[PDB]
Participant: 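Today's structure: one with rosiglitazone.
So for chain A, numbering is the PDB entry's, and the shown residues are 207-260, 276-477, in order. Ligands are counted one by one from 1 in listed order, and the atoms in each one are counted from 1 as well. These values consider heavy atoms only, across backbone and side chains, with no hydrogens, waters or symmetry-generated copies.
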Amino acid sequence: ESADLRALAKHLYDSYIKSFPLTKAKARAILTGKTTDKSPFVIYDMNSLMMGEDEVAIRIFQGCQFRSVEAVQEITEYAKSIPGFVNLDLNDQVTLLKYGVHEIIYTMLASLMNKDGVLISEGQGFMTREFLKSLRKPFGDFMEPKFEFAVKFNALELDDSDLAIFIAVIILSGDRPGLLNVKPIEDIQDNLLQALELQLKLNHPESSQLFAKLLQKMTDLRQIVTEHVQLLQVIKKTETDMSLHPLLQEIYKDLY
Ligand SMILES: CN(CCOc1ccc(C[C@@H]2SC(=O)NC2=O)cc1)c1ccccn1
């Protein structure tokens, strides 16, 4: 079955590529100017944000919400390919996605980030970290957590084929609140974890406890969504007509 684990890994990686238009590999190549045809427009202030055309703190923040809505779709398409998943009780299919998508959004957002800022609009634009730190309270600090994490995370130097398995492990969490049949979920994850363990062994031989160090990052991931939600609350207490995209509403409904 170690051959399965390999085939499982290749499978996940193919669907991941099928499901997500902008990979870490492609993102890294835009972030480091492997190109002409590929360099981004840089939004670093209010003007260039205006001229950024391939209230503002509000525009950007809903911009972030439209990205999530797209992300949820892609992640969902990807989940479909995880062997076992569509066989779960669909109440559980639903729960796993609900508690899963943000952890995956932020994992993959890391792929799009460096110390200075984050890629946007399929890597066509690049928004600077200072610029985002410069929105007015409470929007002033909604991204910094993501950045602080992305910096640690990217230190792992994982690539797309590592990430594919990792995000499957995230979804298939038998610890999510309100699962009915947990044992099938953990049977799946056990395979995913083994696939992951082997992949890291093979892809980064020279790299002690990367498997463990990567699992520990799941902790940081959850704290990100934990605090993001805290902040949604501040915004909700502090802002008028702060209505959130219908889809993001269902997801945030009883989440923590
Ligand atoms: C700064 N960027 C990159 C996206 O960066 C993101 C930050 C946070 C999220 C999570 C969203 S925000 C929310 O409240 N709920 C969510 O699911 C999603 C993406 C963008 C992206 C598009 C337009 C403007 N700017």
Participant: Please list all instances of rosiglitazone by ligand or chain.
Facilitator: ligand 1
Participant: At the binding site of rosiglitazone, which chain contributes the most contacts (name from the PDB entry)?
Facilitator: Peroxisome proliferator-activated receptor gamma
Participant: Give a yes/no on rosiglitazone: does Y327 have at least one heavy atom closer than 4.0 angstrom to it?
Facilitator: yes
Participant: May I ask you to identify the nearest protein heavy atom to atom 6 (C) of rosiglitazone, giving residue, atom name and distance to one decimal place in Å?
Facilitator: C285 SG, 3.7 Å
Participant: Which organism is on record in the entry as the source of chain A?
Facilitator: Homo sapiens
Participant: With a cut-off of 4.0 Å, which atoms of rosiglitazone are near a heavy atom of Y473?
Facilitator: 13 (C), 14 (O), 15 (N), 16 (C), 17 (O)
Participant: Should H449 be listed as contacting rosiglitazone, given a heavy-atom distance under 4.0 Å as the test?
Facilitator: yes
Participant: Out of curiosity, is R280 lining rosiglitazone, as in a heavy atom under 4.0 Å away?
Facilitator: no
Participant: I'd like to check which rosiglitazone atoms, numbered from 1 as shown, lie under 4.0 Å from a non-hydrogen atom of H323.
Facilitator: 16 (C), 17 (O)
Participant: Report the UniProt domain in chain A that accounts for most contacts with rosiglitazone.
Facilitator: NR LBD
Participant: Tell me which UniProt rosiglitazone-binding residues in chain A have a heavy atom less than 4.0 Å from rosiglitazone.
Facilitator: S289, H323, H449, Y473
Participant: Which residues and nucleotides contact rosiglitazone at a heavy-atom distance below 4.0 Å?
Facilitator: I281, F282, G284, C285, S289, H323, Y327, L330, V339, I341, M348, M364, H449, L453, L469, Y473
